[PDB]
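Here, pritelivir is shown bound to UL5.
Order of the sequence lines sets the chain letters (A, B, ...), proteins ahead of strands, with each chain counted from 1. Whatever order the structure lists ligands and atoms in, that order sets their numbers, starting from 1. The structure has been trimmed to a portion of the entry, and contacts are counted only among what remains. Just the heavy atoms: all of them, side chains too, but no hydrogens, waters or symmetry mates, feed the values below.
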Amino acid sequence: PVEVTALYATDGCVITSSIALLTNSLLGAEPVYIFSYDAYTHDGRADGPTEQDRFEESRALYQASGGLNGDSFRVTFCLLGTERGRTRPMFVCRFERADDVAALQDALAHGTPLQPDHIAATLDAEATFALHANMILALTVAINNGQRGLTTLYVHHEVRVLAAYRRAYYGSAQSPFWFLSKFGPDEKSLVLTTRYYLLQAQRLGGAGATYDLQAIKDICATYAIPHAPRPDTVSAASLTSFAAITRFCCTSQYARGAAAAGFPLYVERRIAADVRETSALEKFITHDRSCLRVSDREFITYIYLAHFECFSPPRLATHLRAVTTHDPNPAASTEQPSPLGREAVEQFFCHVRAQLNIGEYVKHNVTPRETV
Amino acid sequence: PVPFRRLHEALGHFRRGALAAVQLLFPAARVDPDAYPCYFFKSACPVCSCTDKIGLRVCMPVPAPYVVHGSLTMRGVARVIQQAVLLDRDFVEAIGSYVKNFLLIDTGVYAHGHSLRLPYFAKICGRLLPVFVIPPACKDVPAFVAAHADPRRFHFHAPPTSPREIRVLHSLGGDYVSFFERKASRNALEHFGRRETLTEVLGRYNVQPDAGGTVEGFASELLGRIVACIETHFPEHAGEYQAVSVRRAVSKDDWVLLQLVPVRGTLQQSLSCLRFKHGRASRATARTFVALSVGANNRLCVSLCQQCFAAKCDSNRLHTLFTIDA
Amino acid sequence: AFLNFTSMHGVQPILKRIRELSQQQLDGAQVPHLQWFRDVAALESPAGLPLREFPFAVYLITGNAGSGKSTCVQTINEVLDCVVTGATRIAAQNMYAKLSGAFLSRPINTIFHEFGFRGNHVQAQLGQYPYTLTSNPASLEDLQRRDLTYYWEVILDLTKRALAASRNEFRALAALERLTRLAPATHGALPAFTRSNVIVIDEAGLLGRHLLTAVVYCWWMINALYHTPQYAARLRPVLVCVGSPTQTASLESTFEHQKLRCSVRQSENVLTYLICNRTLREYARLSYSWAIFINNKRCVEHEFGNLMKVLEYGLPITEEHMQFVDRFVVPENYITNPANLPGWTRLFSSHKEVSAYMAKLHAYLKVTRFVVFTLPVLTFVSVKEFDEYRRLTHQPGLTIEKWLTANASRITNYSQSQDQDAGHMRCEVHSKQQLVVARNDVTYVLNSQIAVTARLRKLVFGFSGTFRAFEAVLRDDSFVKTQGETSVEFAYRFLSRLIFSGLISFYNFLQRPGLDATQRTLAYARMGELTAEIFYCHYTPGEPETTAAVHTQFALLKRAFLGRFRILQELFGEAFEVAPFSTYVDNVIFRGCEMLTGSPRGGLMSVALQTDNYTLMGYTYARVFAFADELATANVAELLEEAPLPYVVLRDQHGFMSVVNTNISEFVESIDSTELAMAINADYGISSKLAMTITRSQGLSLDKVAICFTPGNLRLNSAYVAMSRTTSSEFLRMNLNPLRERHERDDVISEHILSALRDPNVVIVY
DNA sequence: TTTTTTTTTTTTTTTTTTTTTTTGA
Ligand SMILES: Cc1nc(N(C)C(=O)Cc2ccc(-c3ccccn3)cc2)sc1S(N)(=O)=O
Ligand SMILES: [Zn+2]
């Protein structure tokens, strides 16, 4: 019952090929290429999951040797689209037979495309055509002014069907080069960030659901797990079609084990540590700003000085080096407490007492010359 | 416009804060903040019909045995009082919803030669008249009222009202020493770099300003370049600075201004203003200066500047025309 | 990598506020009904118009210009439902560039397109009817009625066009069981305001206050006729206005039809309207809905930053600031002389000054001997137009040249129209098609970084670069990305054609001095070896209309050239890479400025972008039917067939040559409420980017700047805008010192930002 | 000597396809 969320992109127009796949028509159906996937199982405990419980469950899920660990697989294929959801499902397939799971492990651990037969014989018609049934109804109503209905609407007005399936799932297939462009040049980014920002962010919830692609790529950059060399020495920029990106991601070692299990937890950890320090610093910032009562020039000097003294490039570099990990296991993490807020408070926010009805600012430069 | 009762309560709070500040500044005095007389005067603008400002003057006896000496010392006393009255929550709670700018005290009326309008006097629009804020434990009310009419209570250098000891507070804090300013300046050096002072930069071009006429040493050779610039870009007055002598006039530690008065032709022949072409006599009513400063990546920047006596240009204001490298 | 950190973690509170601002349901009675917009159509004059509140929300994103305020917009787009818009086409394209550089953003249009602004609205009497506000305190209803009376000649037309269009749309789907979420997808070409309630207006300070209400008003319109699911959910618009409040201003132009005196007064922009109006600052609750971005990223100086701080925040001007800006002053005759500061953009505070400066440099370059070439620009007035309009102006006596005394600015894009050196108008009656036509000459410079002003249709004829630059294009397929993902086959056909046409270039490089006999011998030997696994020979080009064809036939040609480039790259080292490779689909000979692209076939038809920095090349004629989409307009179409219309050729940043179309613009303004097509102006619409006005400089940032300041007219806001267009203070020269001269400073919005920086509920992002 | 009068933005609907060269007085 292991559930997989999969992002795919065929050779050409993925929308037309996918619709033809749904209609069981042998006219246009390029073999399916799966290049990012998130596997999960429904948690049987009410509030049992902990961070290490989740890490153990995930490390069990992503088989270190390759592939997954379940017997039956419900895979929900998706495209880059919006309903704000970053992806959109297209079709759902069951994999219970030995041949079905053999094809899924092969296509999930190596990257060999899934032929139309394997999918077409395994559409969950009880739910697949149910996902887009409302789109069928809306198309019927619009053109007036399940699978037989889909075929009939395919025949009647092709232009409007294609336009509707391209407006929804708006991104669809952009380009092979686009993915290598917008999801980092590194293999770590290309696998892990594509998994998280698309198929893992909104499902797992948390703060990372509201973070942008550049932020998530930065978090991945500081997720500096050990890097083993690539057995084929294939460079990340030597990729032209999706048969290369898929092969790079599936036979990567940031995809089927500890790193694939630690990244979602590390996103949450980094954000928590960062917000702990930033929110403290902004509490101080807002309070001192509100009660400063100084001249306009000196006010600007304080606001810029304080934002520098807390968020300067050196302080920021030390902080990001304090949250960088060297291992995905949360109980074996090498991240250590960040010095940002304590250092900022120690030097600049220690003089708040001077402006607290003390007159300590005078005491700093008093020189009381009273000659007797 | 404000109600008088709110103003009087705010003035009581001001008395409290100022007396705390005074007992802090003069530590060996005895200022009981319920009997020490502060005197208040308001400018005529009941309903305070104030559309511009509530003109106030606050007079405090300097507590015995102290006497304050120096313009800067009273400047510091004023800063302490000003930053002490905006600490008492009562004052800010009372008058805060009314004051657009929280700055109340002006500290520039204490320089030598600067005048302050006395109470019981008007302006040529408002005769400063007393507003009585009786001390909370004043043991002589009639004396306090008939203390605002004695000129000694509102005169800077009045006779102090059998002195054994006397303590003269003649120096307090300095200027531009704010912690924000001193921290920001230090961070600038760490992050951006050191901008060498004018003297150090001039020292590279064999100029030691300790001796007299040394800056004129470089101003000499600089005059040729400046004249070459003007007789190319500003030619309609070309033959005017052929023979001039740099006269050192203003010396700030980052701004050396040398006047360029001539002798040739006529001793008092004024230098025609380079811009805003005027008549024969109006144009020849201007002065010229050379300004050495430090600029860019620590390179001595030389500027030609003018001071015109005509209405078209800002009268008696210094203007710049070109800045050349050296 | 640490640069983004502050924005990354400070935009989240912004995101966690816009969400509740957009998910706040209104009471049933407060929702503007359809009958409201029905009555608005019935109303003739904007006087009996009933006082009607149109609910809305705002969230203000202020910050220095180029403070990277776009990171906030970027995060908003990928997380929230939103319709991103722009106050100017340039700003909209700038946001598109900065939103597609991270993820997918749908084509970003202007807010004017979003609320339905069309051609005839451009010259419309937008300031006619009066209003005595029953106010102080000004009710929001009165402010909205003022902004609707201001734009009566636009609001009324939009309402009438939307209403009288008829009802199906969402009304249909909503009754699926009596699915409107899937309605904008199935029913296409629907207005983008029907699918979101968060409207991001970037550089909103370029819009006047009249627009704010207008946008909200229009929002409700487009959600009432269509009965959008948001209208059923009782949601209200939230206007995320992003812009610089102290580096941007909005101006209103009114033309008096007897004095012929076009006047331009200053106006209250949306940002200033929201910040400084006590009614809007309370209803919109700007205190809990304001984000100030405070960092100037591009800037890498220290004293330059302090000066920007004092100018933007209204801080007192001290002696030290005067001495700092003293190091920039260079004489009046030094800036204006074209021999000085080559490549530095020069700003003036008058359009006449720019018209003078552009002409002198033209003479300089011409006498000294780029090429100062002459190119025709025409105009087309009609007899009936200037007959009836002269009749209606209460003065039937007015000469045509006196008609073109000032309406030349009001006949096309003002910016280049009043900032161009041109000849004498030859107004000759060409009434063959019942017309009177004019003829002048807008001398340009040859091979300069010019910018496209209006919307032009670029037709790429080939690439004039290096072998390495063309290898790069093919390797990353960057060109294909510029054409959009939906139509990639058209981009792949033309590259295929180029590679099968640019094979002769290799053979010319064969004639290069300093090469061994056997060096060239190995060159042709490896050419033969590659032909063995492939000499031009007789390759069969072309492909059917199939997706596979452009990924198989092109794939061979792409791999063919790629290999071939890299093959001779190793053979001749860096020499071959730097060798100039020009590929065209036709015999293109360019003697002097005149070019000749022979007979076009429209291999790749696209649209030029205004932001794209093009380079002037030459005026080939080569009449293309692609630009000749001419259908009044036909009466001048016949004359355009008669007189060969020159198509000016531009070179983009990559180096691809593109031939463009001309531009045509109408003048329609009148006083008798009779908007009729008077005159259409055919010209080129290109700008030099070498000299401009301070007011237009607000829009776009510049590399090197020399400012010419007119004394007396000194406004410190103009000084701040002029000095802030460049990143580095090193490359900045000025006429005089704006800090040392008398300057009219208007520090009213400055104190308002300062009080905003002094409020606990305002979010400051560093 | 008075003496001026400065600056801006928006205006769409698509991607291929019939060639002509003596005229005047
Ligand atoms: C010297 C030191 N280093 C710190 N940095 C890096 C800065 O200010 C950096 C900055 C901050 C604001 C701006 C800006 C730009 C346009 C308008 C207003 N402002 C520019 C640059 S802060 C200063 S300090 N401690 O003197 O205030
Ligand atoms: Zn003068």
- Message: Curious which chain letters or ligand numbers map to pritelivir here.
- Response: ligand 1
- Query: Which chain letters belong to other chains having any non-hydrogen atom below 4.0 Å from pritelivir (ligand 1)?
  - Reply: A, B, C
- Query: In the PDB record, what organism appears as the source of chain C?
  - Reply: Human alphaherpesvirus 1 strain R-15
- Message: Just wondering, how does the entry name chain A?
- Response: UL52
